[PDB]
2 protein chains.
Amino acid sequence: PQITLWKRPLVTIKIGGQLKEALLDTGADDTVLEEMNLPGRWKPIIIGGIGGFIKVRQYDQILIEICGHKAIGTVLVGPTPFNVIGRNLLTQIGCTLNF
Amino acid sequence: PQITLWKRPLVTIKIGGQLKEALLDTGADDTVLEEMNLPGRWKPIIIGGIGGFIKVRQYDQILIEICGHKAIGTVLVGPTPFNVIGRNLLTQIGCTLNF
Ligand SMILES: CC(C)CN(C[C@@H](O)[C@H](Cc1ccccc1)NC(=O)O[C@H]1CO[C@H]2OCC[C@H]21)S(=O)(=O)c1ccc(N)cc1
């Protein structure tokens, strides 16, 4: 699908059997999601943006279905105000910016 | 132009006669730029992000030429770690996400 940016580019994602909504965020290097449980080993890491930094748990090689498109990659879990799908996963589904 | 997301979608902007590089940030409602003089009036405001909030000065109806495309809209000026072109201006140049 093509998506215009008049409204927030929100899409439905399915991860770990859960349904959620997330931003297609071209300004995000990595994918950050609200608090939730995921499988495997995770390591504590810290990410930052506008306003400061937060503490998240890094899960690697996590399967996600972003608007029906599958991708496996790193997923950070922590107190983010919004679920954002970063470039690490946007690349996997072949998303591009066009103007 | 189409733009892949394997590297940060940086583009050159011309604003107030100055040249700068900025992110095409679909996750950003509005445009936020590093400190700089913007001829005209403004009002103090506060935007929030991943890990906190910053104090920025709001300028309205500011001309920016993004990657050769002209647009006029609100531009926030403050201690942002990076210059990001938000949806308020991305819509003006007809930017879309495609996958
Ligand atoms: C909080 C988000 C929903 C929206 N943000 C834009 C987002 O793309 C920022 C834009 C951004 C980019 C670089 C530095 C600061 C902010 N990136 C970000 O927070 O990503 C973090 C997770 O992945 C990592 O990638 C870099 C930062 C980390 S934001 O910076 O807070 C923002 C909010 C409001 C406006 N008008 C403009 C920008």
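To find a chain, count down the sequence lines: A is the first, B the second, and so on, and within it residues start at 1. Start at 1 and go down the list; that is how both ligands and their atoms are numbered. Computed over heavy atoms, backbone and side chain alike; hydrogens, waters and symmetry mates excluded.
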What drug do PDB records list at ligand 1? darunavir
Largest contact partner of darunavir in terms of the PDB entry: Protease NL4-3
Show which other chains sit less than 4.0 Å from darunavir, counting heavy atoms only. A, B
Which residues in other chains are near darunavir, meaning a non-hydrogen atom under 4.0 Å away? A:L23, A:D25, A:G27, A:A28, A:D29, A:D30, A:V32, A:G48, A:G49, A:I50, B:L23, B:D25, B:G27, B:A28, B:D30, B:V32, B:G48, B:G49, B:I50, B:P81
Mark up the atoms of darunavir that fall under 4.0 Å of a heavy atom belonging to A:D30, in ascending order. 23 (O)
List every atom of darunavir that sits less than 4.0 Å from any heavy atom of B:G48, numbering the atoms from 1 in the order shown and giving each element. 31 (O), 33 (C)
Using a strict cut-off of 4.0 Å, indicate which atoms of darunavir neighbour a heavy atom of B:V32. 35 (C), 36 (N), 37 (C)
Which of the darunavir atoms, numbered from 1, are nearer than 4.0 Å to a heavy atom of A:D29: 23 (O), 24 (C), 25 (O), 26 (C)
For the 3.5 Å polar cut-off, considering only N or O atoms, please tell me whether A:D25 and darunavir meet it. yes
Counting from 1, what darunavir atoms have a heavy atom of B:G49 closer than 4.0 Å? 1 (C), 31 (O)
Give the atoms of darunavir, by number and element, whose distance to some non-hydrogen atom of B:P81 is under 4.0 Å. 14 (C), 15 (C)
